Each structure stands twice: as C-alpha cells, then as structure tokens.
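Cytochrome b bound by atovaquone.
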Amino acid sequence: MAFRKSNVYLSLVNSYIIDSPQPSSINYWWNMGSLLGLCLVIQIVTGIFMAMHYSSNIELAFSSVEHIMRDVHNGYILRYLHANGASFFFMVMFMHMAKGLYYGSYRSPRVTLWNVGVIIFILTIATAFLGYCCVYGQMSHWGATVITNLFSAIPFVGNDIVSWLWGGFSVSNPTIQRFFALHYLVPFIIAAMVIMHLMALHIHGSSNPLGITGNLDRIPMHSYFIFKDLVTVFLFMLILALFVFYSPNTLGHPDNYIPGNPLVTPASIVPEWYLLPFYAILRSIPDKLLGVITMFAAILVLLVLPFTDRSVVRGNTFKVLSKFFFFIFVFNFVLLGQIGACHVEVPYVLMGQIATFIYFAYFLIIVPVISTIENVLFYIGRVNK
Amino acid sequence: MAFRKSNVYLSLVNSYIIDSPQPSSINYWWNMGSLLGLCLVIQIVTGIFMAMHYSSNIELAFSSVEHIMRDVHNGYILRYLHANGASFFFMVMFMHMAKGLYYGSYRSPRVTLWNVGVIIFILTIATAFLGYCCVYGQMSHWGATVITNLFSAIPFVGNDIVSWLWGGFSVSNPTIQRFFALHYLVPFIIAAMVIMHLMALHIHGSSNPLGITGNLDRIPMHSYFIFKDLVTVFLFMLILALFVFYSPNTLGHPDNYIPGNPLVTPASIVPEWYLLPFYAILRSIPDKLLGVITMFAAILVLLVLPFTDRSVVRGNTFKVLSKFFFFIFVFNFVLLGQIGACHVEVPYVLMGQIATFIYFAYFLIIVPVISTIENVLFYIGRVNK
Amino acid sequence: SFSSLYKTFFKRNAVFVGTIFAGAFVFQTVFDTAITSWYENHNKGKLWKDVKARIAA
Amino acid sequence: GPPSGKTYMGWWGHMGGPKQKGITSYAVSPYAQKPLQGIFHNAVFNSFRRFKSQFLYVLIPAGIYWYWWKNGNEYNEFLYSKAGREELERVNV
Amino acid sequence: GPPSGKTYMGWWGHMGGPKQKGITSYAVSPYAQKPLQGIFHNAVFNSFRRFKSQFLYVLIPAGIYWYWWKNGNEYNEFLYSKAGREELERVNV
Amino acid sequence: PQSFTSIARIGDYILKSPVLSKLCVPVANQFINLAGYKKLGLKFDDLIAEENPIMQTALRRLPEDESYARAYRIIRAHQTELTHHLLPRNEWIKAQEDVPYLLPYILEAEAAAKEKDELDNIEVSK
Amino acid sequence: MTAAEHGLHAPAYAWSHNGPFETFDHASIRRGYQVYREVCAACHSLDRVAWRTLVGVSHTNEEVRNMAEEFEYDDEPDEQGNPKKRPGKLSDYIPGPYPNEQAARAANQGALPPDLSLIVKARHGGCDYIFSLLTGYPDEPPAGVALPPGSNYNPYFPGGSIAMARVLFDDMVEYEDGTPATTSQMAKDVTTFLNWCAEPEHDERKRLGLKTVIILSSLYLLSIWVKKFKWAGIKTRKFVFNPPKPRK
Ligand code: HEM
Ligand code: HEM
Ligand code: HEM
Ligand code: HEM
Ligand code: HEM
Ligand SMILES: COc1c(O)c(C)c(C/C=C(\C)CC/C=C(\C)CC/C=C(\C)CC/C=C(\C)CC/C=C(\C)CCC=C(C)C)c(O)c1OC
Ligand SMILES: COc1c(O)c(C)c(C/C=C(\C)CC/C=C(\C)CC/C=C(\C)CC/C=C(\C)CC/C=C(\C)CCC=C(C)C)c(O)c1OC
Ligand SMILES: CCCCCCCCCCCO[C@@H]1O[C@H](CO)[C@@H](O[C@H]2O[C@H](CO)[C@@H](O)[C@H](O)[C@H]2O)[C@H](O)[C@H]1O
Ligand SMILES: O=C1C(O)=C([C@H]2CC[C@H](c3ccc(Cl)cc3)CC2)C(=O)c2ccccc21
Ligand SMILES: O=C1C(O)=C([C@H]2CC[C@H](c3ccc(Cl)cc3)CC2)C(=O)c2ccccc21
C-alpha cells in the first residue's frame, strides 16, 4: 500500500481530506464546515497573539485593548480580525445550520452528527460572549450582568449561583478575570468537539442536494473539493478583508468604545447581531423564568427536528410546500432579529410575539404537518387505486 | 455486537481503556503513562482555576500569586498542587522514560512511539519553564533571561531573535505577559501530542518485562490494569498530599518568594531539580555556542538509541552487562544533578565534565559496544562449533 | 496568458515550488511599490508630507 | 482493530451501494478541452433558469415578511409622532 | 474504513501470535479462594530473593557513584578551608 | 419515518372517495410536477430515503434488472444535478412511468415487521 | 420613539477621508489640534493619545517636543524620598484638565465631560454627529421645550438637553496657517482631528486594505478558474444505459 495510507498519522489525514469518498453532486453549500474550521483557526491564532498584550484586570482591561489598538504592531489588525471574524464565524455557522435544515441533514443516520453541532453552536455562543465581556466597554459590562443573571431564574439557589459566578457583589473584577480565563479554555473545547463532529460526519459521509444515496457515484475529496473549498475560502477572506480594513465597526456597537460603568446602563441596548433573534425571543415573554426557558428552548427545539420531520425523503429539494415554509422560517428568523434591534415599543412587541410563535411552530407544528401531507400528495399524485 | 463497541465514541473508549489486549506479564513500571495522564489533568484543572485570579502584568504578577495564596479560597491548595504536581509530573516522566530505556521500549516497531515522547518531554520542559517565569520571583526573572538568551547562540540573527522574544530591551513586561499566554497554549499541545503518542502505543500495544511477544497471552485492560493503575494512582496522590500540605516548598527555591529584580542576580543560582542535570551539562562546556548545543544534544541523543542498541533482544532483563551500565547511566544522571546544585568550584567542574562524557558515551559508545559483545556471549555461551 | 509567451520559460511543466517563492519574493516588493505610489498620489496635497511642504515654523 | 459498527458507507470497492451493471461512462482530459469550457453565450440562459425555478419560493416569503415589516414600522413612527400621541395613550396602556 | 497498515498486533481471535496447540489452562474464581491468598509466611522469603537477584546491579553502580561523590566533596571543603587555601591558589588558577 | 403502511391507509381512502379524489388528485398531480424530479430522470420510488432496515429488506428483494434500472437513474440524477442542469426534455421520466415499483416490498416488509413487533410483545390471558 | 428622544439624524457631509482610498487631511488635523488646544482642552481629557503620536502626522519632532514640555508630569523621587516634577517627554500622554472625576464635575455643574480620545467611535454617526452637535446649537429652545438651569438645546443630542453649552463662536481661535477661523471651519477640523484620535492607524489601514483586496480578489478569480479545470472531466462526464440480458 501507499505510505499516506499506511502511516499512523497520515492515514487519518488521507482518510478525511484526500481519499474521502464524497457524493459527486454536492454544491457550494457544503463548503461551510470547511469554512467553519477556517474561522475557528482564525479565532485561535489571532486570539493568542493578542492575549500576549492583554490584561484581564478590570482597570487595565478596557485600556489594554486600546493598547492592542494604538500600540502593538499590526495590533489593530489583530483586533478587527478577531472581532469581524467572530461575526463571519456566526454567519457561516447559520448558513451551515441552514443547509442542514433545508436538505434535511439532521435526519438519520446523521442525528448524532446533528446533535453535536447543536453543542458546538451552544459553545460558540458561550465562547463569543465571554470574548465580548473581555473588552469591558458598556455593552460588555451589561451583557455580562444579564447572562450571569439568567441563572437567578433557577429556583431557590439561583441568586447564589449568580453571586458565586460573579465572585462578589457585582460583575466586578473577579468576574472579567474569569471571563478571560474561560474565554481561553473554551475554544479548545469547540475544537475537541469539532473532532467528534467530524467523526460522526465520517462514518456516514456527507449527504447530497438530492437526498438520495451517495454510494453509486463517489469521488475523492482530493483534488476536487480541496480545490472547490479553496474558492469559498478566498471569497470568505475577501469579504472579511473588506470589513476588516474598510468597515471594522459596521458590525459592532459604539457603546463599547465607552468604558463600562456599573451604575449606568445605556439606553440603546442592542446586543450582537448573531444574538438578536434570541434577544427578541427572550423579550417576547412577559415572565422572567418562562422567558429564560423559552430563550434556551429556542435552540434546544432544534433537537426534535429529526422526529417531527415526518417525511419519507430527506430534502426540501423536491418539496414545494416544504421549501416555502422553510423560507418563511429563514425570514421569520431574520425579522425576529430586526425586532431585537427596535425598542420594546408597539406594534413591535406584538410582532415579536408572533414571530416567536412562528419560530417554534415551524419545528413543532408546520413541519410534521406539512411533511405528512406531503407524503400523501406523493402517493395519490400518481397511483391508480 | 455490544453498544460500547458499536458507538462512534464509546468504541474508542473501549478499545483503549476497556477491551485493549495487554501483555499478561507487565508490572508496576507500566503504570507510569497512566500516572502521566493524571498529572497533565491535574496541571490543567488547577491551572485554569488559578488563572481566574492571576494577573500577568509585571507589577501585579508576583503579588497576584500571593493573592492566590493569601486570599482565594483554597487558593494556597491551588498553588502548592500546581507546583508540587509539576515536579511529580517530572519525576514520574523520568521513571516513565527510564522504564523505556531499561526494557528497551524505544526499540522497533515502537520508534515513533518513542520519538513522540521525546517531543512531549521537550514540550513539558518548555511548558513548566514558562509557568515558573509567571511567578516572577528572582529565580523566575533570571531563569527567563538565560533561556531567552540561549537564542543568541544562533549565528548572526541570534541577538535579534532574543530582542523580539523579549519584546524590548530586557525580560520586561511584554515578556511575562507572553510567557503567561504561551503557558496557556502549550499544555493543550502536550495533550494534542499525548494523543498521537497514545495512537502509536495503540497499533503495537505495550511491551513486557520479558521483551518477547505478547500475542500468546493477552488480557483486557478492564478490569485488571484499570484496577492495577488505581493502586499507583492513590499512592501517587498520597506522596503528593504529603508534600502539598506538609512540605510545600521542600522542592522550590526560596529565592522565588523574592520579587524579581532586573539589576541584581542572586548568588545562589540553583535551578529546578528536574532541570539540574541539564544545567550541569550546560556549564560543563567552556564555550557559549557549543555549550548550548550540547545541552540540547543531551535530549536529542535520545533519538539514536534505537540504532546504537545493537542487540538482538529487547530488554536489559536477561542482560547483566547491560543492567550494570544502565544503572551507571541512571546514577551518573543523578550525580550530574548533584553537580548542578554545587558552585562552579573544584573538583566539581571536572567531575561535571566527566559525567557529561559518561552521559553521551552511554548512548553513543557503551551501549552499541556492550550490546554487540552481548550478542557474542549469547552465541559461544552455548553452541558446539 | 499566451501559449507562446508561457511555454517559452516553462515548456510543458507548471511552476516549480522554488520559482514560486522567488516570484513571491519579487512580486511582494514590486507590488508594495506600485500600490504605495498610486495611493500617495491619489491623496496628493493631503499627506502630511505635502503639508510639511508649505507649512513653515 | 476491533469490530466496527455497520453503517451505510464503506470505502472504494465496498462503497455500500447496489451492484452496478449496464451503465458505461466516458470522459475526456481537462487538458483536452477549451479553456473556458462553455462561458457566457448559452451558459447564461441558465443564470435565469436557475433563477426562475426557485425565486418565488424566496420572494413570496420575503414579501410577506418585508411588507409586514414596513407596516408596523410605519405604524410605530405614527404613534410616536404628534399626529399620533392620541392613539398611543390608548394602544399603549 | 480504508486499508490499515500491517503490524504485529491484532485484536482477539486474530491477535497475531502462532497457532496454539497442546497447552491446557486452569483457574479458579477469585471468590473461591482465601482472602489473603498467600501473605507473609513464605511469600516474604521472596522479598529477599526479589532483592538478592538484583541489588548488586544497583549497589555496585550506586557505590562507585556515591564514593566518587563523597571524595571531591571532601576535597572541596578542604581547598576552601584555612588548611587548604594553599592548594587552592595552585589548583584553581 | 411516517409509515408507508400509514400512507397507504390515508392515500387509498382518498383515492376511493370520488368526493375526495376529485378535490385532492388535481393538486397532487400539480405537486408531483413542481417537485422537478422527473426532470432528473427520477422516478419517485428512487427518492425514498434508504438508510433504514425496511428499505434494505426492500432493495435486497427488488428484482435484479430492476435494481440496475434504479442505479442508472440515481447516477444520471447526480451527474446532471452536478452539471447544474436538467435533462434533455425527452429523457425525463414520463407520467406513466413514475410507477410505485418499490412500494410493494416496502409494504411487504413493513407488514412483516409490525407483525414481528406484535409477536415479540404478545401477552397472555389465562 | 419620539424624534425628540432620538435626536435629529446628522446629515452626510462630504469629508476629506470618506471613501476607500482616502487618507486624512493632515493639514486639517493640524488645525483641529489648535481648535482642540485653545478651546475644549479647558474641560476635556484626551488621555489615550501620546505626544509622540502627533509627530509625523500633525507636527514635526520639536513642534511636539515644545508642546510636550509645557506641562510638568510627576517624576521619580530624589535621594531623600520626596516628590518632584519635570517637563514632559514625547513618551507621554496629553494631560487632562482635571485632577480627578470630581473637579471635572465641580467645574461643570456636576457634568462629566467625556474624554475625547475615543469619541468618534463611541457615538453613532461619529464624524457627522460630532460636526453637527458642534454647529447645531440653535438660538432658542424650540416653542414649548422648557430647559433646565444650566443646560442647552441641541436637536442632534438625544432629548436636546445637553450639559455642554455652545463653544464655537467665529474666530475665537487664531488659525495659525491663516484660514477662515469660522465655526463651521473651526468645527470641521477638530472633528477631523478627533477622528484621527480614535482611529490613528487610519491611512495605513486603507493602504494595507488596498493590497489585501487586490491580491485576494485575484486569488478568488484565479481559484475559480483552477476549479473548473480540475472538475472539467467530471462536468463534461457523460453516461449511457444499456440493459443487460437476464441471466445471473
Ligand atoms: C465548529 C463549527 C462547525 C464545524 C467546524 C463543522 C464542520 C462541518 C464539516 C467540515 C462538514 C462537512 C462539510 C459540510 O457538510 O458542510 C459538516 C457538515 C455537517 N454539519 Fe457541521 N460544522 C460545524 C457546525 C455545525 C453545527 C452548529 C451543526 C448543527 C447544529 C452541524 C451539523 C452538521 C451536519 C448534520 C452535517 C452533515 C451535512 C451534510 O450531510 O452534507 N455542524 N460540518
Ligand atoms: C471560537 C473562538 C473565539 C470566539 C468566537 C471569540 C470571540 C470573541 C469576541 C466576540 C471578542 C470581542 C471582540 C471585540 O469586539 O473586540 C473577543 C475578544 C478577545 N478574544 Fe476571543 N474569541 C475566540 C477565541 C479566542 C482565543 C483562542 C483567544 C486566545 C487568547 C482569544 C482571545 C481574546 C482576547 C485577548 C480578546 C480581547 C481583545 C479583543 O476584544 O479583540 N479569543 N473574542
Ligand atoms: C505526557 C507525557 C506522557 C504520557 C501521557 C505517556 C503515556 C503513556 C502511556 C499511557 C503508556 C502506556 C502505559 C505504559 O506503557 O507506561 C506509555 C508507554 C510508552 N511511552 Fe509514554 N507517556 C508520556 C511520556 C513519554 C515520553 C516522555 C517518552 C519518551 C521520551 C515516552 C515513550 C513511551 C514508550 C516507548 C512507551 C511504550 C512502553 C512499553 O512498551 O511498555 N512516553 N506512555
Ligand atoms: C503541563 C502542564 C503544566 C505545567 C508542567 C506547568 C508548570 C508550572 C510551574 C512550574 C509553575 C510555577 C509554579 C510555582 O512555583 O508557583 C506554574 C505556574 C502557573 N501556572 Fe502552570 N503549568 C501547566 C499547566 C497550566 C495550565 C493549563 C494553566 C491554566 C491557566 C496554568 C496556569 C498557571 C498559573 C496561573 C501559574 C502562576 C501561579 C503559580 O505559580 O502557582 N498552568 N506552572
Ligand atoms: C472642539 C470642542 C469640543 C468638542 C468637540 C466637544 C465634544 C463633546 C462631546 C462629543 C460630548 C459628548 C456628549 C455626547 O455625545 O453624548 C461633550 C460633552 C460635554 N462637554 Fe464638550 N466638547 C468641546 C468643548 C468643550 C468645552 C470648551 C467645555 C467646557 C469648558 C466642554 C464641556 C463639556 C461637558 C461638561 C460635557 C458633558 C455633557 C453631557 O454629559 O451630556 N466641552 N462634549
Ligand atoms: C464529508 O465532506 C467533507 C469533509 O469531510 C471535509 C473534511 C471537508 C474539508 C473540511 C475540513 C478539512 C474541516 C476541518 C476543520 C478543522 C480541522 C478544524 C479544527 C481546527 C482546530 C482543531 C484548531 C486547533 C488550532 C491550533 C492548535 C492552532 C493554534 C496554534 C498556535 C496559535 C501557534 C501560534 C503561537 C505562537 C506562539 C507562534 C469537506 O469539504 C467536505 O465536503 C465535501
Ligand atoms: C497499552 O497499555 C496501556 C494503555 O493503553 C492505557 C491507555 C493505560 C491507561 C492509561 C491512560 C488511560 C492514560 C491516558 C492519558 C490521557 C487520556 C491524558 C489526556 C489528558 C488530556 C488530553 C487533558 C485534557 C483535559 C481537559 C480538557 C480538562 C480541562 C477542563 C476543565 C479545566 C474544566 C474546568 C473549568 C471550569 C470553568 C469548571 C494503561 O495503563 C496501559 O498499561 C497497561
Ligand atoms: C499554507 C501556506 C501555503 C503557502 C503557499 C503554497 C504555494 C504552493 C506552491 C507549490 C508549487 O508546487 C508545484 O506544483 C506543481 C503542480 O502545479 C508541480 O508540478 C508537477 O506536476 C505537474 C502537473 O501538475 C507536472 O507538469 C510537473 O512535471 C510536476 O513537477 C511542481 O512539482 C511543484 O513545484
Ligand atoms: O440584556 C441583554 C441581553 O439579554 C443580551 C442577550 C443576548 C442573547 C444572549 C444569549 C445567551 C445564551 C444563548 Cl444560548 C443565546 C443568547 C442572552 C443575553 C445581550 O447580549 C445583551 C448585551 C448587552 C446589553 C444587554 C444585553
Ligand atoms: O542560568 C540558569 C540556567 O541556565 C537555567 C537552565 C536550566 C535548564 C534549562 C533547560 C532549557 C531547555 C532544555 Cl531542553 C533543558 C533545560 C536551561 C536553563 C535555569 O533554569 C536557571 C534558573 C534560574 C536562574 C538561572 C538559570
């Protein structure tokens, strides 16, 4: 046999990147996990290189990032890349999760594959949040107050958890310092997890924009997709270059160049964009405990998707009624996001409420309904009697 | 089949920890890698938990560790465990590397297995050094000066490398801050590497205190060795408990409770014990460039060991002439260490020099010689003509 | 790109890893040459150099 | 290597699929073709077909959503204007 | 699963070894024995045999090394004493 | 995993009622057109997801030359799909072709399974 | 939200630097510093900007050495253990008007004048909103708007009630170069100077940005080409079906 196959190390390399048998028919949507791994690497490199000049003490914190900006050589490039990149991470990840809904990847044998990505997505929100709390601007100190406070929602012990988790009376110094340390830790957990995610992916191989079996027309990832993936890569960097050098804050909130202040919340509380649709869902609920629950449920519900999909085929591709609502879902989700940016004013609150309903109803109601109907259209739409 | 075998995740778990076929005959020496993985986990847990209260700014640095000592709840337990543990890590690792020499583990098909551990050993020295530079006591600031300065030994560019690597005129602030960040990074690299190390181990399986083939009398790691390994584990913790609560500094240098001072080197420069034998070898050479080279060579030379072992059997076990020098080697190595503690006084320098010779001569000279002889004793010591 | 003008240098083989790196090395100076020029010109009058010119103290 | 759990994929020569007979494939070296295989000309008559075949499934839902957006948007600007403060004091409490 | 590279280990039922015939093993349940199988008594006549069989291979080298240690140690205390400062001014420069 | 045995129940009923049948089937016909799939040489029984035991009882059972047929279509599908095109209009599967060639076995097997399920938990009254 | 609580949307003035290819107007920056020095320094810290950082941008080495030493920073104690001052160095950060948060408020009816170093990013609209709040102090607080004691009206601030009184009144600064020291020219500059202050990297940042894109674009198009080549066999790949005699 060849060496790359024989070696203990290069055999993995080969079997996941060179000799892997992919469906012949998969399109640029599938380039997302590739581009996902690329962000995680951009996050970790630029992060470490920045940490070398960062101080996580509540005083020096806000300034030290300005330090990285004003002083460290290419340091501004370090920051704008870390930050803009986190966003592109989140876009690309949504598009990756989109693709999985639309073509019904979440669907057996790929459940575990799917489920793990739900864990990753959770860890990426956890990660990026902490990285935000580390700037220690305004949005940071108050972001960090609310997330710490989601835990009060926990019966009885809830306040104490928060106190613990704070290391004192308020989001104070023992807080930003642990938020820095936990920001270091976690990305390795994502990477740990990306590995099991890629292991699940591996034992079943990728699906296709046809939701039929691949096993009749496979081709090897090298050199097609290696080269295919290289196209999305450069394109990815281009738009990222565009933001990073020309629009470095066309994606951030100006309230964050203001040093955090524990006595005075601002009056424009727009949180991060990739977070907005959840902010919306959270607000939509006039009850504290329930509101929290429903925010978390907005992500968990993603785990029922392989049961509620009642269909007999994987893929909206040959699915008109499925396509249609699938884009109501996408578009709801964006609206939900617009709702997050606007004030708790009218009719916005009530619009927010309706989208939220539409949201969970799509997994829990529309989908199993539609898909069951769609089975029956597929029967009577041909056969004799 | 059973589930633990079938699952994508539990199958690894099973095949490396439950169902693994071990030689029936292996003894408590083999419990070292197990106990090795345990330290790495003790290092990483206690480290992170401590980092939450650490500041890597050259001012707050020395104090913040005192902070962890005087203030953080169980914080002293956090420190004494991190520090004493690093030592036990190094002992256990030497004993693990010992075992590999004595029974001639380094020996085909296990070369890569062996080689990788040489990389790990390198990364563990790199790691623990940085963790020391992070206390910022006296031994820290001067340790960090010399290691940074080993790079000047590099022709031409050498000074600049050092300047870079310093981020300024001296081991200053941009230094302790990068030394903290690199201290975070690297242990994950060891763990990364421990995985390839365990992969090599896996495809050939462990050897035996008999240096013959295992494949005739295997038994499964669960539940024998899992339970066997549990004995060395507790024992390990016991001695570690002993140091940690009763002898917390019976292993550290008092010069390090003194805040680092860039103008004044102390006059008792004893470096860490697990490091001493190299300090010795370094000093033994009255030339700068050569001295550096020879220090590094003291570790690299470990890679020839599978070529210079000329024997026809793996193992000093049935090897009298081999055993003998093997313990000269061990005992030299300890002496070399004693030499590191004493001043560059007489006859110590000349003793140092002789040990150093004995050291490399053992790999390069004694071993291939002895082993070739020992082949010939094995022939004529029986046969007729 | 014309089949004559290419094949001259490289006959019927690609570029070679080292020739690449060589070009890279050259390109990198030739580029940062051009682009830094076109930009200092495009912003003529505006540069502190152009303003250092008139202004006296 | 212990037993592995059965799936629905194998590697080449045991990929997993059904036992092919009858099909006959043909291809031609990537060297042996026009650089720019088929660009512009009739390759773009599809950049409007790959569009047509789907656009409705996006536009229709985008529409529903963008008009609903504009509506309450307008409606909000109103009740927070002079001309609106009336309805406000009512709708809002 | 692609081809794997041959080694000198396999898993159970294909462990790798030669084809056993003739041996016959016997054992008895860990329940079915004296708690404290064989402790003290004659199990310690070996804690002096497992010692004897080897000690020389450690002691002899430890010896060589510990006496060499003590020697120059003594020798150093001397040349840095009063009685020694003489030899020092000579050996040392 | 909505069951075929279950789609049978519902879709047979609707097919029988001259009331329902006249209402539904126009749409259903309109549906199995808008799907696009007969334009990639695909019969509908091709589309059915296979990664489950029943379909693998149902393909092991499917007559030889029938599987060679499936195959060619499934490859023709992928091939075309990747060319980002639709087949030559006259290569499309025609409305009379889209026949439930597989569905007996799927049903044959579903039946068989539900039976065994039952016969594994069959209780007893004394 | 009432258009009064929001503040009026500042308009899209056409700044020297707006655009992908536009360095700051350093001459303009030079003016803003004077407009900074003479006017707003009275109240406003600019703490994250260092004297040296001016050199080569708005001034020349001595020009900034001069400014620098006009102030006495703290300096390491003599041999006895007693304080001392010293002039500044280029190594220093331009000192705030006040000795702490309190005296800043004491001197302003209890208002805390924002450090300006980061202002052009710590506000929406930024350059525009800075210009507009400075050239948008209208004469009287609109019919009905009742203004508190020691507070002014601005449409561009939220809810108009700004604790900063107007400060640009034509010519109060003697424009050293000799430009119309107006208020819309006194202002347009301190804005362009304050822009710099929050984004010093600026001109390089678009410079490098230029390179990044030109190279990266080319790679994109280059990558594409390459792809169709390696795919060319699969794309133009063509199958045929011939059913086979029933015997197996
Ligand atoms: C660190 C973040 C992620 C990485 C590095 C990653 C990586 C990948 C890669 C490389 C692939 C193969 C290429 C592709 O099919 O796109 C893939 C596919 C897939 N991913 Fe992820 N992914 C990530 C996030 C997620 C998330 C957040 C989910 C679900 C919540 C998910 C679920 C899936 C599924 C079900 C597939 C199979 C898609 C198919 O059949 O084509 N992944 N992922
Ligand atoms: C999944 C990977 C990561 C994500 C999603 C993430 C997310 C973020 C975000 C959103 C910020 C605030 C950025 C800003 O607005 O300025 C941030 C800051 C920061 N991150 Fe990360 N981060 C990741 C990995 C890392 C790693 C591995 C390090 C290693 C040290 C790191 C170090 C830092 C530092 C020092 C800051 C403060 C400076 C700055 O804000 O730019 N990050 N992170
Ligand atoms: C992070 C540090 C290390 C870990 C976690 C580790 C782990 C292990 C484990 C679990 C084993 C199986 C149990 C045993 O045989 O002891 C093993 C054996 C082995 N190790 Fe390591 N080890 C480490 C360091 C090293 C180093 C530093 C070397 C060489 C320089 C090395 C080379 C070997 C070899 C050749 C074997 C096979 C021993 C045999 O045949 O029994 N290891 N190691
Ligand atoms: C291979 C793993 C590690 C080794 C060998 C190691 C080694 C060391 C050593 C020798 C010290 C100085 C201890 C002292 O004398 O006080 C130290 C300190 C420190 N280490 Fe680690 N370290 C490791 C992993 C980690 C990790 C994962 C972290 C995570 C944050 C960490 C955080 C720290 C901190 C904050 C200090 C300063 C406080 C202290 O000195 O006890 N270490 N390390
Ligand atoms: C070029 C000249 C000046 C500029 C550009 C300027 C700019 C600003 C800005 C941007 C704010 C922030 C308010 C906001 O946007 O939320 C502010 C507030 C303030 N300024 Fe000025 N300023 C200047 C001169 C002065 C002077 C000369 C004084 C007093 C002698 C002064 C005293 C104050 C005070 C007390 C506040 C607090 C207002 C509040 O809290 O709303 N400023 N200024
Ligand atoms: C089934 O179908 C597939 C498919 O399987 C694959 C694999 C790909 C290709 C996709 C990939 C290869 C994605 C892989 C993703 C990863 C490998 C992400 C993993 C990344 C990490 C684990 C990050 C770890 C990073 C580090 C340790 C770097 C940190 C080192 C540093 C910072 C050193 C610098 C420090 C100093 C002091 C210099 C496809 O396109 C595809 O579609 C057809
Ligand atoms: C062939 O023969 C063998 C053999 O193969 C094995 C495996 C063993 C048994 C040995 C082992 C099982 C050793 C395995 C070693 C490891 C698994 C080490 C790997 C450790 C890591 C990779 C560390 C990674 C750790 C983390 C990610 C933990 C960090 C998490 C934290 C800190 C969370 C806490 C933070 C907060 C905020 C709560 C033998 O004894 C043996 O001999 C017969
Ligand atoms: C991650 C960072 C990456 C940094 C940038 C990487 C740059 C990669 C440059 C590698 C150039 O590597 C180059 O590849 C070409 C194929 O195009 C090789 O060419 C080889 O195969 C070609 C066919 O394709 C033959 O014409 C030729 O006879 C043969 O040498 C050549 O041996 C090597 O010189
Ligand atoms: O009040 C909030 C708030 O509620 C969030 C939200 C955003 C979404 C967060 C979120 C947490 C966990 C998950 Cl799984 C999803 C979203 C929850 C906090 C913020 O991000 C925020 C930022 C700055 C100031 C205030 C706030
Ligand atoms: O002068 C030294 C010195 O030379 C070392 C030595 C110890 C061994 C180090 C070492 C580095 C790399 C390797 Cl692979 C092995 C050992 C090199 C520095 C120290 O650890 C030290 C500590 C405190 C003060 C001074 C000193």
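Convention: sequence-line order gives letters A, B, ...; per-chain numbering from 1. A restricted portion of the entry is shown here, and the contact count covers that portion and nothing more. Basis for what follows: all heavy atoms, side chains included, without hydrogens, waters or symmetry-related copies. Ligands are counted one by one from 1 in listed order, and the atoms in each one are counted from 1 as well.
- Counting repeats, the structure shows atovaquone at ligands 9 and 10.
- Those other chains that come under 4.0 Å from atovaquone (ligand 9), heavy atoms only, are A.
- Using a 4.0 Å heavy-atom cut-off, the binding site of atovaquone (ligand 9) is formed by A/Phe129, A/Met139, A/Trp142, A/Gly143, A/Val146, A/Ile147, A/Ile269, A/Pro271, A/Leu275, A/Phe278, A/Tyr279, A/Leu282, A/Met295, A/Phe296, A/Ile299.
- The UniProt transmembrane segments of chain A, numbered from the N terminus, that have a heavy atom under 4.0 Å from atovaquone (ligand 9) are 3, 6.
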